[PDB]
Participant: 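Here we have a deposited structure with nortriptyline present.
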Amino acid sequence: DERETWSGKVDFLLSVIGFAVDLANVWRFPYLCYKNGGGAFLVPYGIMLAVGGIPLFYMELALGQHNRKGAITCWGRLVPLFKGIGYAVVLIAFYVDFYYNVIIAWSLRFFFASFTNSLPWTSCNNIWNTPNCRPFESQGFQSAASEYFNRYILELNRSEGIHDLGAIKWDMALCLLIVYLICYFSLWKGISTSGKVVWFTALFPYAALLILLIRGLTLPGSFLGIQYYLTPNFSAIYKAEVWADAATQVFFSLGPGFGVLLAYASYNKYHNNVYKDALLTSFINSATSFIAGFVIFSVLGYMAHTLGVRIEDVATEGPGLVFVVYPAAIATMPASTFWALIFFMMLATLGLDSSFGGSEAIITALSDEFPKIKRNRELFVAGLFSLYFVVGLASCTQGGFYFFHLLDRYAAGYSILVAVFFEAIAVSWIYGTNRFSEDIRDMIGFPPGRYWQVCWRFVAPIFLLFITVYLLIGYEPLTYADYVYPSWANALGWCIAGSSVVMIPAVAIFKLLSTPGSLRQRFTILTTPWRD
Amino acid sequence: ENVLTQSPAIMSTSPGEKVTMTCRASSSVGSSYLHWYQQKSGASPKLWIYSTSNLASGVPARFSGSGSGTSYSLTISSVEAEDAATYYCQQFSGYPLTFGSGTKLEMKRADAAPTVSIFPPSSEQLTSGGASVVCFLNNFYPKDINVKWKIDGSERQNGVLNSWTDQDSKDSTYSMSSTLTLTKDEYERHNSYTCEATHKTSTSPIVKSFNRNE
Amino acid sequence: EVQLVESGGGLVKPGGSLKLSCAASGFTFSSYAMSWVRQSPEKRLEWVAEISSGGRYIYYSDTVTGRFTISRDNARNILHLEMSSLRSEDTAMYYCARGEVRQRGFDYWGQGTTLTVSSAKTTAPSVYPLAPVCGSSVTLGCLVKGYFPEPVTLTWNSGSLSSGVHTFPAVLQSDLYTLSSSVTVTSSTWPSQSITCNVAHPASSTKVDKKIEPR
Ligand SMILES: CC(C)CCC[C@@H](C)[C@H]1CC[C@H]2[C@@H]3CC=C4C[C@@H](O)CC[C@]4(C)[C@H]3CC[C@]12C
Ligand SMILES: CNCCC=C1c2ccccc2CCc2ccccc21
Ligand SMILES: [Cl-]
Ligand code: NA
Ligand code: NA
């Protein structure tokens, strides 16, 4: 039962760093600072990070290093009753792989489109333009970079909905194929290779962010953007919505209990100081977001100053920020081509390693439960990634964005919250904090302080619950621009969302009715950990 | 196992001295896993210096530790009389846990010559059929001393049990007891019994004798 | 506030079985990993076994593994150590020490309990009065010979005088212990007054009082 191990610590580290740090650090965090009181937003963010994210981040890492098994097997051994958690985590990782990768596909596309002396998204006098086009963002109009991304790259204008996918963009399907080719030849041999591919995919963003910080700061109006970014407004502290955005951001940006930190840590050495790893990584992740914030907003200010665009029209979130707003500014500065190529190469590498960790969560969680595939890795993941690409062709259609948007709002959003909720409950109340502290002490030599124990037991459930409730309060029937989804689209969405969580009681019911004795006796057995 | 070796075994020190005892390992130890314990006479050991450098509570500042890998050391800047004890190093790096051979602090004093006194077998022992001649050598320094037995001016080197005492807590001296054991017969086949003390405090041995007719 | 008391311990023949105990009080016993550390008569420390706070993690030394069994009772706050196939080398002062943080070592040690593993026969001592000789001060003695095992309690005049007394540690010779003491008083005090020798050997239920006489 002696499994493989990381061929060097840094591999594991960069793997965890890579997984944690993605486009969210760029296209979501700085917007939330802006929206919620600038520098003042760092307070609920920090506190939520200190008592919510990091404890959970830590917890899963320790669970990984301790049990030496993937999600399904680990949770099964931790608590036989709540083994379905492992399954719930694996399929969530499985669903996300269907849509998350297309973002990287868009990244490479722009990277290939930036091999020109004049970037194709500057002007409004192209074949794909409309009279509503203007050179930059403006209320009541569309921007040249928007119409490029929409009417040309996406050809979204030709779809009337999710029922009408339209034709297949073969320039896009190609990019998606390339993504999976990279994904395959990074993961097919396991951590012996992926532990090296992360040396590029996790380090390049810091190289890129650096020369972009420099380029962004040297631009006129940069300091104005810094003001929009971090001007304190402590009135936001009193707002519950700010604490909610802080909590949600911390959770999804660290991704604890997603079964990937678990997977990566399962390959660690038993007596490894995973505590230092949790702290170091967590910091680097948030530090990266902070850095990226200056990077984004220095350019945003330059736009609002030397291009005469309202700050309200440029300070956005999500793919709109990095596929439209930022390239729009890039194209106006000298050596535009250079900045364009590295910016796109960046958010490609920002996505790749995250995609690595997501898939590896699945493959690892499976090899530990089914020796059939552990013997046959390459074949399995070739079959898996092929399934990805085939279904992923739907994302490469003219209405591909509608498919992407549906999965992004249903597949993993709610499911992983109620999975990780049961994760915290099982660990801190069924398996016990005392037993967990004991495990950690055996590994790293010392037990967790009372701080971490109180957090895992009391703060963490309230944390996760405060978020789940929050996302449900602000629910709205799925829409995008003027396109409103049919009732059935939301129905199928909740099925995909529920196909995960349904594993929690389904297996609980299954293993309950699969053991002998009485009800109190069934529990006792399905409560006893594996080491017994 | 990772055997820890401490040197010196025994260290002679006068209060006011700066001393350094070393702890060498057979395998590398993490600096956070090597600890030091102090053990007074007739008492249970106490944690003294944990994680190489950190002093445990109550431990006076005169103590310190340093080192890394396979070479560590405890240093007392200015020794006090209350520091008379045995110091054991211990690694908590790997299993099995191992302690060092230990190093014992002893105090110094002006060299003292032993006051010697010889005793003949009691009447009770003789009636039992045995005969032990006891020689006491009290309050001397340093600890090492060489006793020797003579019967009728002739050296005898068997049936002897020597026993030293540990260093006194006050006068810092030592004491040794030599016990020549014979059977009642060869005890009565002679008359003259002698023990003399060869100690550094004199070039001439201190002699004590008795005859079986006084 | 923190207190550990080792119990059990005594004389055991080879192959024998005995169970040592350590009662803890003054802290949440269920939150600290406990450990047995023995000390051979040559004052040398040897770690025996460690048990985690929940008993789910056990470690033994090579010289002890397979024979000893460390055990925990977090309900009544008791550290146990059942021993079997006891060899003479197991003879030591067994200390109950606690060590939860490996980076801090054993912060608390019990008083200890003595275990002797020997095939030697429990004999009663012979107490011999040592009077000279056959000065300003006079030195008397007492010879406690041929007993087993340790210890014996030796005092002079019921423990009235302590000054001028040197009791020499016992030395084993052919499975038998011999011990001696010396008292030095003012040459006037003796034999004007009475100098008695009080020897007690609990193992053999022996209590002998010897009086030293000039002749
Ligand atoms: C862009 C500017 C502002 C910030 C640049 C941050 C860079 C220099 C930082 C952020 C993350 C850091 C890396 C993450 C952690 C490790 C693992 C460690 O065992 C070796 C150093 C190494 C590999 C770090 C090197 C320096 C590093 C790459
Ligand atoms: C926070 N790290 C980024 C990776 C996150 C996810 C991901 C990405 C690609 C493939 C898989 C996954 C799975 C984990 C997950 C769950 C919910 C939302 C996003 C993610
Ligand atoms: Cl973040
Ligand atoms: Na990433
Ligand atoms: Na992140």
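In what follows, chains carry the letters A, B, and so on, assigned in the order in which the sequence lines appear, proteins first and then strands, with residues in each chain numbered from 1. Start at 1 and go down the list; that is how both ligands and their atoms are numbered.
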Participant: Can you list every ligand or chain that belongs to nortriptyline?
Facilitator: ligand 2
Participant: Hey, quick one: which chain has the most contacts with nortriptyline (ligand 2) in this structure? I'd like the name as UniProt has it.
Facilitator: Sodium-dependent dopamine transporter
Participant: Using a heavy-atom cut-off of 4.0 Å (strictly under), which other chains touch nortriptyline (ligand 2)?
Facilitator: A
Participant: Using a heavy-atom cut-off of 4.0 Å, list the UniProt Na(+)-binding residues in chain A near nortriptyline (ligand 2).
Facilitator: A:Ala20, A:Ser253, A:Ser354
Participant: In chain A, which residues that UniProt lists for substrate binding have any heavy atom less than 4.0 Å from nortriptyline (ligand 2)?
Facilitator: A:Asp22, A:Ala93, A:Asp97
Participant: Which transmembrane segments of chain A (numbers per UniProt, starting at the N terminus) have a heavy atom within less than 4.0 Å of nortriptyline (ligand 2)?
Facilitator: 1, 3, 6, 8, 10
Participant: For chain A, what organism does the entry report?
Facilitator: Drosophila melanogaster
Participant: Which residues and nucleotides contact nortriptyline (ligand 2) at a heavy-atom distance below 4.0 Å?
Facilitator: A:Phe19, A:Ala20, A:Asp22, A:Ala93, A:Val96, A:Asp97, A:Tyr100, A:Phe252, A:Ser253, A:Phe258, A:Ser354, A:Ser355, A:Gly358, A:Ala412
